[PDB]
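First the proteins, then the strands, lettered A, B, ... as listed; each starts at 1. Both counts, for ligands and for their atoms, begin at 1 and track the order of listing. Heavy atoms only: backbone and side chains are in, while hydrogens, waters and symmetry mates are out. So how was this one determined? The header says X-ray crystallography, 1.5 Å.
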There are 2 protein chains.
Amino acid sequence: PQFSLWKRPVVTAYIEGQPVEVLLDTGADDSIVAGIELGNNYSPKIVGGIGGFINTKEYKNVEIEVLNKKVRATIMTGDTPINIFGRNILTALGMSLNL
Amino acid sequence: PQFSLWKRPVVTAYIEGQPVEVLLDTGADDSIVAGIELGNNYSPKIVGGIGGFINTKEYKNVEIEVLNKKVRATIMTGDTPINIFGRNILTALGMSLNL
Ligand SMILES: CC(C)CN(C[C@@H](O)[C@H](Cc1ccccc1)NC(=O)O[C@H]1CCOC1)S(=O)(=O)c1ccc(N)cc1
Ligand SMILES: [Cl-]
Ligand SMILES: [Cl-]
Ligand SMILES: [Cl-]
Ligand SMILES: [Cl-]
Ligand SMILES: [Cl-]
Ligand SMILES: [Cl-]
Ligand SMILES: [Cl-]
Ligand SMILES: [Cl-]
Ligand code: NA
Ligand SMILES: [Zn+2]
Ligand SMILES: [Zn+2]
Ligand SMILES: [Zn+2]
Ligand SMILES: [Zn+2]
Ligand SMILES: [Zn+2]
Ligand SMILES: [Zn+2]
């Protein structure tokens with residue numbers, strides 16, 4: 001798998017078996033997805049980026065399948081406009097950014 | 001150059017001679033830098049991030065020096081909390097995401 005970055009590197013992931021399109025993002029430390037409910041056992045966190053801050057819910061040991069691999073990783077849920085898989089998941093997948 | 005993503009893929013660069021710390025961000029379409037002054041030859045643009053929208057000043061054909069390369073690229077200046085080189089510069093440098 002190689003993403004040449006001429007388009008957004010976006011793929012299909014399954015989170016707790018629910019399909020979501022996600023952006024593979026080296027500029028994000030963590031991962032954030034909208035439109036899925038992961039339940040009542042979370043820790044509330046605030047994240048900031050361009051345009052401001054949002055409230056998130058942090059969930060640990062969540063089942064994720066992406067790029068033909070299955071991993072358990074930390075996921076935040078929140079009103080993000082796009083679903084982001086940040087470096088915590090990219091490293092669990094063994095991905096690298098190369099020049 | 002390989003970035004293994006266990007730490008942020010941050011480097012230093014020069015933008016028309018001005019030193020900056022920048023994050024290599026596959027999740028950004030554009031490149032946005034705060035604080036530097038590129039002058040009055042710009043067009044306003046509107047950029048959307050995780051928290052909403054900001055106005056930016058768009059400068060074309062800007063010289064930038066990064067990773068021992070010299071390219072000319074479009075830079076936007078505006079209120080980002082982290083300077084980011086997005087896919088317009090990553091593709092100019094020939095970078096890719098690999099698994
Ligand atoms: C801005 C960086 C430093 C951090 N952001 C990641 C970036 O890749 C961010 C991802 C994104 C793309 C499109 C819309 C909304 C978000 N791209 C981004 O804003 O693109 C803009 C600026 C130029 O072109 C368009 S983040 O989303 O705020 C963020 C922060 C913390 C966590 N844990 C996760 C995400
Ligand atoms: Cl290389
Ligand atoms: Cl690393
Ligand atoms: Cl490291
Ligand atoms: Cl390292
Ligand atoms: Cl210089
Ligand atoms: Cl854009
Ligand atoms: Cl615009
Ligand atoms: Cl934009
Ligand atoms: Na609980
Ligand atoms: Zn499956
Ligand atoms: Zn909303
Ligand atoms: Zn490292
Ligand atoms: Zn120079
Ligand atoms: Zn730093
Ligand atoms: Zn844009």
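The drug positioned at ligand 1, selected from sildenafil, amprenavir, repaglinide, is amprenavir. Of all chains here, the one making more contacts with amprenavir than any other appears in the PDB entry as Protease. Contact chains for amprenavir (heavy atom under 4.0 Å, other chains only): A, B. The protein non-hydrogen atom at the shortest distance from atom 14 (C) of amprenavir is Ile82(A) CG2, 3.7 Å. Residue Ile32(B) touches amprenavir through its side chain alone, judged by heavy-atom distances below 4.0 Å.
By the criterion of a heavy-atom distance under 4.0 Å, neither the backbone nor the side chain of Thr80(B) is placed next to amprenavir. Under 4.0 angstrom from amprenavir, the non-hydrogen atoms of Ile84(B) all belong to its side chain.
Which of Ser31(A), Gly49(A), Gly27(B) comes nearest to atom 18 (C) of amprenavir through a heavy atom is settled by distance: it is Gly27(B).
Note: an N/O pair closer than 3.5 Å links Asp29(B) and amprenavir by distance alone. Residue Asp30(B) touches amprenavir through backbone and side chain together, judged by heavy-atom distances below 4.0 Å. Atom 8 (O) of amprenavir has its closest protein heavy atom at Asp25(A) OD2, 2.3 Å. The site surrounding amprenavir, defined by heavy atoms under 4.0 Å, contains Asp25(A), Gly27(A), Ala28(A), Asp30(A), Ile32(A), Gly48(A), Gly49(A), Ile50(A), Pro81(A), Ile82(A), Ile84(A), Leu23(B), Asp25(B), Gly27(B), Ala28(B), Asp29(B), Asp30(B), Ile32(B), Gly48(B), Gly49(B), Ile50(B), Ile82(B), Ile84(B).
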List of N/O pairs, amprenavir versus protein, all under 3.5 Å?
| unit_1 | atom_1 | unit_2 | atom_2 | d |
| --- | --- | --- | --- | --- |
| amprenavir | 8 (O) | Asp25(A) | OD1 | 2.9 |
| amprenavir | 8 (O) | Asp25(A) | OD2 | 2.3 |
| amprenavir | 8 (O) | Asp25(B) | OD1 | 2.7 |
| amprenavir | 8 (O) | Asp25(B) | OD2 | 2.8 |
| amprenavir | 17 (N) | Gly27(B) | O | 3.1 |
| amprenavir | 24 (O) | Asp29(B) | N | 3.3 |
| amprenavir | 24 (O) | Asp30(B) | N | 3.2 |
| amprenavir | 24 (O) | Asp30(B) | OD2 | 3.4 |
| amprenavir | 33 (N) | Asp30(A) | OD2 | 3.4 |

